[PDB]
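A look at one PDB structure holding hydrocortisone.
Numbers in chain A come straight from the PDB entry, and the residues shown are 7-54, 57-157, 160-297, 310-328, 339-374, in order. Looking at the header, which is where the method is noted, we find X-ray crystallography, 1.9 Å. Start at 1 and go down the list; that is how both ligands and their atoms are numbered.
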Amino acid sequence: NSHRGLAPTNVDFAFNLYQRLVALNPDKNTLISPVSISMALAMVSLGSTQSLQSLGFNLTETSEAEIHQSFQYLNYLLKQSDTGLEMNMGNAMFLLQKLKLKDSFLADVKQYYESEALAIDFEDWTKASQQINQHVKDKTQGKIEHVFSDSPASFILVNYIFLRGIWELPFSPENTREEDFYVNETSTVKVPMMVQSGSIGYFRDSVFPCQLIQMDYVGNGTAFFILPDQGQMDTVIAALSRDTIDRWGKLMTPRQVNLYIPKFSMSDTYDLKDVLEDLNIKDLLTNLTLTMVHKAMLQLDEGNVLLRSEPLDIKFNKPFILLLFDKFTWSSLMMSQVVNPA
Ligand SMILES: C[C@]12CCC(=O)C=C1CC[C@@H]1[C@@H]2[C@@H](O)C[C@@]2(C)[C@H]1CC[C@]2(O)C(=O)CO
């Protein structure tokens, strides 16, 4: 069970953060990777107790070494569901001005996490931001092309994750066709809609009015597509917890379905300074300003590697919730509110 030792903490943290973010802006697409955010905060706590406490740990019960060792081990366990998941995750620190990180900190970070520190010598912010942008692109297989544009900091942390998976039940690109997606009450937009028929894990819940489709990736990855009943998005969002997802996971059963899911890439940024407030940058530097951002990017596509029951049609053609998890570590790989895939 040790491979799952951080799940309860990490996943409580993930659902609370997600709910907070959806509340702050309910009308936007939200995409984050909680496990990636947990890693980034844990990593910065190497050089800074209020960071770790904010992640959900009580340090009277778990020592510092225990946490960093658990996170190290988790990072190794995560890079293994990659049989059917392209998952470029990492942390880059960019140091502007004449600033150097402590040798102690830089070493601890390389060791327990896989982070990188780069000196940006351009005073001009346009160049600086571009170099920072070229970095993260290269590290994400050409996929995250911009992070900044935007207020220049002296010390910049980028936590990034590109994710893209191969389905156990892939869609046929031939079947993908333009359909209406209903964004809100007045506006429809056209999106490429993927379509397949088959026996697919499905649940129609009543306490929280939604329908769920569970789509497995090849490997240990899995996706919950959650379609709230009409008018019920706020309710379902409030339902989200480790308690609730445990229930759902146990009630999913194969059912013959006609399944319509949009093909899209989504990306989003999250200011880590609202979970990691009042860091002392001087604790990290050998001896001004601070930008710490998490950028997540999900490519959702057809995902291919190479009965006398009437099927039910379920279309994700209006806003929905997308939760990606690792079945092995119980990690939250991504949580999303998909409001508009066009
Ligand atoms: C709440 C739960 C169990 C207790 C825990 O500390 C953390 C979690 C979060 C992730 C959950 C997990 C289990 O319920 C099994 C789940 C649902 C997993 C995500 C995907 C899962 O592995 C399955 O889909 C199993 O079919």
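Going by UniProt, the chain with the most contacts to hydrocortisone (ligand 1) here is Corticosteroid-binding globulin.
Heavy-atom contacts of hydrocortisone (ligand 1) within 4.0 Å involve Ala13, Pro14, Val17, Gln224, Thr232, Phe234, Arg252, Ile255, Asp256, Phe357, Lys359, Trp362. Under a heavy-atom cut-off of 4.0 Å from hydrocortisone (ligand 1), the UniProt cortisol-binding residues of chain A that qualify: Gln224, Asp256, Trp362. Here no covalent bond joins hydrocortisone (ligand 1) to a chain. Distance from atom 24 (O) of hydrocortisone (ligand 1) to its nearest protein heavy atom, with residue and atom name: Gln224 NE2, 2.9 Å. Those atoms of hydrocortisone (ligand 1) with a heavy atom of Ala13 less than 4.0 angstrom away are 6 (O), 7 (C). What sits closest to atom 14 (O) of hydrocortisone (ligand 1) on the protein, heavy atoms only, is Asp256 OD1, 2.6 Å. Of the protein's non-hydrogen atoms, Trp362 CD1, 3.7 Å is the one closest to atom 18 (C) of hydrocortisone (ligand 1). The PDB entry identifies the source organism of chain A as Rattus norvegicus.
For hydrocortisone (ligand 1), the atoms lying closer than 4.0 Å to a non-hydrogen atom of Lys359 are 22 (O), 23 (C), 24 (O). Nearest protein heavy-atom neighbour of atom 17 (C) of hydrocortisone (ligand 1): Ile255 O, 4.0 Å.
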